Amino acid sequence: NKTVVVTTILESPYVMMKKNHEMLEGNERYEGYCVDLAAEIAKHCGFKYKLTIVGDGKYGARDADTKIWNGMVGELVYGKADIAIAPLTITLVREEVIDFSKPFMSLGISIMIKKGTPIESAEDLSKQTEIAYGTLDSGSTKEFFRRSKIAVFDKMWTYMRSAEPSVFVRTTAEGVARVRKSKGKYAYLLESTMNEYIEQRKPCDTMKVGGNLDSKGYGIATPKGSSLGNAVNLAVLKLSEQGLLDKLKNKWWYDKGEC
Ligand SMILES: NS(=O)(=O)c1cc2c(cc1Cl)N[C@H]([C@H]1C[C@H]3C=C[C@@H]1C3)NS2(=O)=O
Ligand SMILES: N[C@@H](CCC(=O)O)C(=O)O
Ligand SMILES: [Zn+2]
């Protein structure tokens, strides 16, 4: 019996620092959907755990050339963490190196715009040039475009990869701030979950437009062949069927809505 090392990321409303975290210790310093989920997964699987924020603040991508994985995926692949409980997207390239539980939350790539922006779809973005658009560095959303075969998406990637100054951002907050401060000249491509969350946060000046570009979900990840895999997957199913996952999404997304 050993304390499970949990890697996660500071991303609202999944994991956030508590107001007086400086006066708290260990897992008590954090709050959010994934903090709540972590406690439940651990309780049902019967293990003690320690939440740790991923060092490089990234989700996970493999550097072409160096072939080294960064972010939470990296912490799992190189043995720094035993499990990842965060808004980590299930993708083929990742499932080839780590294991994923069935999804605990659904999402799709979506468009965030400053209210009033002349955009209603991805096709709209790909057909104009006045409004710039980008995605998060090191994420599944960037990969989606980099490897998309679909016309509208291949065209969009071609623009984004060559846009100057860079249309990519280091963090979701950076993307959101760019939308809010660009007077409608910047649209941000991000997962519906984050988009929906920000839409219910003051100043209530952003909006999700159009339908989602794809359909996927977040899963709890473990190193390939881990002993925790089975139990965690069963826990996710149990918690999903008992309605806890829905309860947690409402608690962190809409129950505390500010708009
Ligand atoms: N509506 S939501 O995003 O909070 C949400 C999304 C999903 C849930 C449960 C909730 Cl509450 N459960 C499923 C899980 C239950 C089983 C059927 C599909 C997987 C395994 N995942 S999902 O379809 O990605
Ligand atoms: N959830 C994504 C990060 C957010 C994004 O790429 O938009 C991932 O696991 O890479
Ligand atoms: Zn429970």
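In this chain, residues are counted from 1 in sequence order. Just so it is clear, the values below take in all heavy atoms, side chains as well, and ignore hydrogens, waters and symmetry mates. Counting starts at 1 for both ligands and their atoms, following the listed order.
Present at ligand 1 is the drug cyclothiazide. The chain forming the most contacts with cyclothiazide in this entry appears in the PDB entry as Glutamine Receptor 2.
Near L237, meaning under 4.0 Å from one of its heavy atoms, cyclothiazide places the atoms 15 (C), 16 (C), 20 (C).
The shortest N or O to N or O distance between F104 and cyclothiazide is not below 3.5 Å. Inclusion of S240 in the set of residues having an N or O under 3.5 Å from an N or O of cyclothiazide is warranted. Using a 4.0 Å cut-off between heavy atoms, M105 contacts cyclothiazide through both its backbone and its side chain.
By the 4.0 Å heavy-atom criterion, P103 is counted among the residues contacting cyclothiazide.
Heavy-atom proximity to atom 23 (O) of cyclothiazide, evaluated over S215, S106, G243, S192, is greatest for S106. The proximity of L248 to cyclothiazide, defined as any non-hydrogen pair under 4.0 Å, does not occur for either the backbone or the side chain.
Shown in contact with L245 at under 4.0 Å from a heavy atom are these atoms of cyclothiazide, numbered in order with element: 9 (C), 10 (C), 11 (Cl).
Annotation for cyclothiazide: atoms under 4.0 Å from non-hydrogen atoms of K249 are 4 (O). Residues in other chains coming within 4.0 Å of cyclothiazide by heavy atoms are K102, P103, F104, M105, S106, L237, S240, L245, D246, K249.
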